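Summary heading: complex between (S)-(-)-nicotine and Neuronal acetylcholine receptor subunit alpha-4.
Chain letters run A, B, ... following the sequence lines, proteins first and then strands; every chain starts at 1. For ligands, and for the atoms within them, numbers begin at 1 and follow the listed sequence. Values below: all heavy atoms of this structure, side chains included; hydrogens, waters and symmetry mates excluded. Readers should note that the entry appears only in part, and the reported contacts come from within that part.
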Amino acid sequence: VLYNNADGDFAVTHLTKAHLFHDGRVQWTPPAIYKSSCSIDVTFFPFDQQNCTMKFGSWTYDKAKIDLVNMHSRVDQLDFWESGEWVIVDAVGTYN
Amino acid sequence: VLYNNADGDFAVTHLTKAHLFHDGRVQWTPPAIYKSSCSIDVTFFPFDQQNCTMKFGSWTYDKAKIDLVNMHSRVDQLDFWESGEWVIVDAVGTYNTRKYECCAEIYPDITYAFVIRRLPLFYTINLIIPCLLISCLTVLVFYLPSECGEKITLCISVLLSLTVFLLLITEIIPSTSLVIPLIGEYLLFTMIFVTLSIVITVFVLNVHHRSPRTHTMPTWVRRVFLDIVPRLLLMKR
Amino acid sequence: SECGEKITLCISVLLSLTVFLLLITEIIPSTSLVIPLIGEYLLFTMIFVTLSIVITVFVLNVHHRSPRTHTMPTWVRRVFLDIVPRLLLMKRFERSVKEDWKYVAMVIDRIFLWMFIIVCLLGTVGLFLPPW
Amino acid sequence: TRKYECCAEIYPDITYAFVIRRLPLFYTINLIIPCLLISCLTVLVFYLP
Amino acid sequence: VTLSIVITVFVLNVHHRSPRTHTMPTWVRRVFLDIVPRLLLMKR
Amino acid sequence: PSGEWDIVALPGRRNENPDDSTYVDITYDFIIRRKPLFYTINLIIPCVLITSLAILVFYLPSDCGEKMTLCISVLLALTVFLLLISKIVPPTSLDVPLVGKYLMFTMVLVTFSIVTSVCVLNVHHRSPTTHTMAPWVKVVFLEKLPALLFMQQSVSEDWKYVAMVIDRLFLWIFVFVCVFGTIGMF
Ligand SMILES: *[C@@H]1O[C@H](CO)[C@@H](O)[C@H](O)[C@H]1NC(C)=O
Ligand SMILES: *[C@@H]1O[C@H](CO)[C@@H](O)[C@H](O)[C@H]1NC(C)=O
Ligand SMILES: CN1CCC[C@H]1c1cccnc1
Ligand SMILES: CN1CCC[C@H]1c1cccnc1
């Protein structure tokens, strides 16, 4: 779940299907629509840079049982759709 | 359930997991989005304070079966998010008991009162300083000479600008007839004075253009309006 | 001043700037941490334009006053008839005094214009240099 | 009854036609009468000296 | 109304022109001093 | 307590239709009263404040040349208030709010004022060299003048006097009908 919600779905609600492999491996890929909250800093309007944060994590599991590991240091953009209003300069992940 | 809901879910609606201990203890922390209805007292706008209350309690149980105990007398803020517009002065929890018409037993409840304040820089830099600026012109029109002939234009512009400011701010505050906002009263007061200014200035402007061959009446007027000028500390011809 | 529409232009400018300021406060967040740069510039311009409108109603009153009412020629003829040679401006019964009165009005208008244009140019460029 | 490209058989349907009218008082007191009134000033300018 | 505004700025320019700029009276005095009885208006 | 709205009484009655012999229901009625102070101090005060200029306009002298500005400004303000008060009321053509009717009547009044103002403004600037028309007007207005309790008394000044007389007349009858219009509100 994400901790920065504002009047939106905490978790994914579609609950799509997932793949299992004979070795016991499992992969899951649900779509979602998220509504996060940004500390919008408007000083150099309109020549502005926005720094938005989203914060994912488990809810009732501690690090003593589940340990998150990021796969890619950057966010993939292979299926990006050019909005026309905003261009993504970069997206960085951090484990904490 | 909270008794003070308006267009929202009463109880918790996510039903996430919980924690058990070997002795029978259980802990559960669901997150939620609550929508309450608190009487927004707008008198000292924008230098305002808000006292908003939420009221949690059991619904189908009494003090004889369930009792509430506030773990922390204050609301924790270790994960609070600075909204940038609002800062929480304090958040107090209070344990109370009531007795309703339905039943005989008494029912407990917990009332959380949030006393918060608004940071005033935004509305004082974008809303009230322009109207306070353009209100400082209603006295300016009289000093303008009569023959130039544009005084009514200035008066009309000031009056329409004040009306625009008043009808604009009527949206941003609640339409509660219990009290009146201070800025609204000030603007209406300035409108009364500007309307008065425009009628007295059209009066004096009519006094200006009138010709001697039509409105002579020189007896009563000269005796009084030629000797007050010394009282008013102004030189004669 | 003799055309008689300067207050019209001032009011037009001020109300249009007020409308643009009120408009932009819809689109930028109602946050009190920082103030938008455009908002600051517009409020600055509003301050100076209302100062302009009060000084221009003053000069308008100075202009129309009659030689039969507000003569006071002792102190004025000394100063406002010697600022002109310094300000780099070429020089020239009741009609004579009226011409003098119109001239002093025009001269104070010009000398205010110089200061106001210098202050405007300084305030626009002298404030827009965060990036460079 | 109609027939779609999918299939061979015919398919029934019921069409309801609502014919309704608009009560004009609100619009005829707030929108058309102000503009019809201010239209009585387009010629008035020429008579002014 | 935009036709009215262009024709009225035209006539307002016609009104304020001075005798020392736009004299041209020959052709005008014949056409615009005999049209007055046509429009049912009195002269000086 | 709700704040702006106040409750009066809560009647509750069991409705039974004897003809259908199957229909039962319980109907509650809420009779709610709006506290008037807010809209009074925000919607009625500007209206009554700006509506006086409608009749105030005539006392402005014609030579200044500003009747048009003030009159058009009043008309525009009235149109703005009319559109706003129409946007705030539910769009029901079954009845008309009283404030809207008052605004519409005073708007017709001011749009009559604008045309009589252009009329007086035109009859003012005539020159004594072009539109003399003395005999039909001299006697009639010299007889009309005492009928208004106006002071008594080179023809340009005479036309100015004529314009002053007639717009004073219109001011008289305008305030006389506006008093009755205000009485009609009760
Ligand atoms: C955005 O904010 C994050 C979190 O504080 C910070 O680490 C990062 O440096 C910021 N991005 C930029 C470009 O400053
Ligand atoms: C807020 O309201 C509550 C309940 O009415 C009241 O008890 C409390 O005193 C108020 N808070 C403050 C600071 O007055
Ligand atoms: C560890 N979780 C992250 C934030 C809340 C906390 C929590 C506490 C109790 C039950 N589940 C989760
Ligand atoms: C405690 N609830 C709050 C209001 C009604 C009361 C109640 C009493 C009995 C059963 N359910 C609810």
### Query
By ligand number or chain letter, where is each copy of (S)-(-)-nicotine?
ligands 3 and 4
### Query
At a 4.0 Å heavy-atom threshold, what other chains are in contact with (S)-(-)-nicotine (ligand 4)?
B
